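NS5b bound by HCV-796.
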Amino acid sequence: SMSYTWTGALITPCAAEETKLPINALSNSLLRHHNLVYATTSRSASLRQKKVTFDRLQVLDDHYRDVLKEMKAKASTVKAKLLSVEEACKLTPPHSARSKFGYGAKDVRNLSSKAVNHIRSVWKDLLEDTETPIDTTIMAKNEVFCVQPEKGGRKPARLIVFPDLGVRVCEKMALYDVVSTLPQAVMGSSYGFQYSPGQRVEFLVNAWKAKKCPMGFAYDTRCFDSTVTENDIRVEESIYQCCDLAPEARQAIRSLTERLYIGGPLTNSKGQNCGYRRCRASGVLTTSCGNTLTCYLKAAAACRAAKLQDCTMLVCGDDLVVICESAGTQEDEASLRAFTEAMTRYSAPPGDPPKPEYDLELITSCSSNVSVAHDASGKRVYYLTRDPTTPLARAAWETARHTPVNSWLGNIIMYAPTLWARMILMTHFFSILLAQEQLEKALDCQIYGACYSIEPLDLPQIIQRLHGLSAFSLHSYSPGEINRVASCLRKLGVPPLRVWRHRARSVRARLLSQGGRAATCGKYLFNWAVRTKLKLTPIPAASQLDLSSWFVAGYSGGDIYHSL
Ligand SMILES: CNC(=O)c1c(-c2ccc(F)cc2)oc2cc(N(CCO)S(C)(=O)=O)c(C3CC3)cc12
Ligand SMILES: C[C@@H](O)C[C@H]1OC[C@@H](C2CCCCC2)N(c2cc(C#CC(C)(C)C)sc2C(=O)O)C1=O
């Protein structure tokens, strides 16, 4: 069937969409080539509709059936509870899209009778009706990028498909406990999202180095959500039903699957019927968990079909990395073609064909790669990095324009050990927060696609927990990493190292003088900037942070909230 059918009505905006970086001194102190920065709009939505629209001709085999049987047996070792209306309400982000029925995210979060009574009636409707398609809104995402006139044209906007706020709260009541516990039980060490960034890089290095002769590859499916079939979504539901669940949860999961997850009508911001979806909705609670289970199921079966030796997989939704024992260069090339053919039959063809890699640092997945540096004690440290262009372009945009859910803070958290996050992002944003007396103001940001409320003052403790103490003292960055950052500085017109060092020395002196958490920021984050370095020891308060509920993936809806 077609992933989408369209009526011809347009995907419309709900507000004015800015496309350019405004004239701003604080943003210009970050990058001067402002004309290179753009934001996508609904005007390019038809280019994205074309890319995501295609027929799926899925064929399953014994390898797929065998893997599915193993996954179902492991899902039967899970027990999940229904969340109460109150518990699901508190998981709703403060800027979550308002309901069409006269209440918003604030009303849901503060348990207003109007919001709570509406959610309870949406719940009873899911129990009583297991067939009627649930409405969804289709919107074009406005995201910021830097122009790249090598691969020509600017990026078209991404699309987001989501049901009403009332339905979203119900999805949490039925499935939040499932999506946050089931993948670890079914896929064990292969479940990518459960690892912190520091644990992820350590796992990757140890999985790689444990092989006699390693070969690895990233497998990037072209338009994963569109490749997901009605049968894939019903198989995902059969896995959920293997859990030990309450009767109402079983009924609500069956109803959400048939009415929402398998497909439904698409409505624009104007209330016009845009078409029909027969694939994964990008903005549903199960998007991340469903994509992970489906991608794992297809990949594990394709590993068997390809006869890859000692397949070790890391799965984060649609992002897949396979590490195996090499059988020789020609044999590995043949095995990869067989893997791709198997994935293609299962309705997961690649964007670009995978290439076998024999150097861990040359694999890219989730836009990231493993790089190496040394710490204050001279110890070799592996860490994850990425090209800094998109993070810096977004950082300049978010400096000049208010953004309710920022990217710079999540980027500092996820990429804390990196040369670019340390030299630029931390220096720039601590300078502004200090000057504006906003160090204590908690900000909404995203980590693994879910929303977090974080106070910038807690960054040293968060960084220590997620990356380790070494994150505050890395030196001897690789030449490849130095070049990638220097190229970005040249391209975007960012000030050089000497300028960031001067700014960081000034920021550090002011933070230290404030004492308390601000002094920890100055001491740890900016120890690189001073000649006479302070001794960095484990921060006692770091173990106080409750991170037990962290790392539940929210892509692409981002409709999960946690306050630190
Ligand atoms: C299957 N792919 C993966 O597991 C990931 C790889 C990867 C794996 C193998 C390899 F050879 C090179 C890179 O790098 C990552 C970076 C992030 N992060 C950034 C998310 O934007 S992070 C640095 O916070 O950990 C995440 C976050 C989404 C969970 C996942 C991955
Ligand atoms: C403060 C400085 O004069 C001293 C010293 O601090 C330690 C590190 C850095 C600093 C910035 C913040 C993170 C640690 N460092 C560094 C900077 C690099 C670079 C670059 C380009 C892209 C600008 C050309 S390469 C590198 C390394 O150690 O290999 C330094 O040179």
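We're numbering straight along the sequence, starting at 1. The basis for the numbers below is simple: all heavy atoms, side chains too, and nothing from hydrogens, waters or symmetry mates. Whatever order the structure lists them in is the order used to number ligands and atoms, beginning at 1.
Across the structure, HCV-796 can be traced to ligand 1. The heavy-atom binding site of HCV-796 (ligand 1) at 4.0 Å consists of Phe193, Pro197, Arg200, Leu204, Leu314, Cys316, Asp319, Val321, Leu360, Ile363, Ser365, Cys366, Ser368, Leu384, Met414, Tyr415, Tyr448, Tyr555. If you number the atoms of HCV-796 (ligand 1) from 1 as listed, the ones under 4.0 Å from a heavy atom of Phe193 come out as 28 (C), 29 (C).
Protein heavy atom at the shortest distance from atom 11 (F) of HCV-796 (ligand 1) is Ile363 CG2, 3.2 Å. The protein heavy-atom contact nearest to atom 25 (O) of HCV-796 (ligand 1) is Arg200 NH1, 2.8 Å. For atom 13 (C) of HCV-796 (ligand 1), the closest non-hydrogen atom on the protein side is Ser368 O, 3.4 Å. Protein heavy atom nearest atom 19 (C) of HCV-796 (ligand 1), with residue, atom name and distance: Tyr415 OH, 3.4 Å. Summary of contacts: the protein heavy atom closest to atom 8 (C) of HCV-796 (ligand 1) is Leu204 CD1, 3.6 Å. Other ligands and ions closer than 4.0 Å to HCV-796 (ligand 1), by number and name, are absent. According to the PDB entry, the source organism of chain A is Hepatitis C virus (isolate 1).
In this structure, the protein non-hydrogen atom closest to atom 6 (C) of HCV-796 (ligand 1) is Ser365 O, 3.4 Å. The shortest contact between atom 20 (C) of HCV-796 (ligand 1) and any protein heavy atom is with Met414 SD, 3.8 Å.
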HCV-796 (ligand 1) N/O to protein N/O, distances under 3.5 Å:
{"residue": "HCV-796 (ligand 1)", "atom": "2 (N)", "partner": "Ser365", "partner atom": "OG", "Å": "2.9"}
{"residue": "HCV-796 (ligand 1)", "atom": "14 (O)", "partner": "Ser365", "partner atom": "O", "Å": "3.3"}
{"residue": "HCV-796 (ligand 1)", "atom": "25 (O)", "partner": "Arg200", "partner atom": "NH1", "Å": "2.8"}

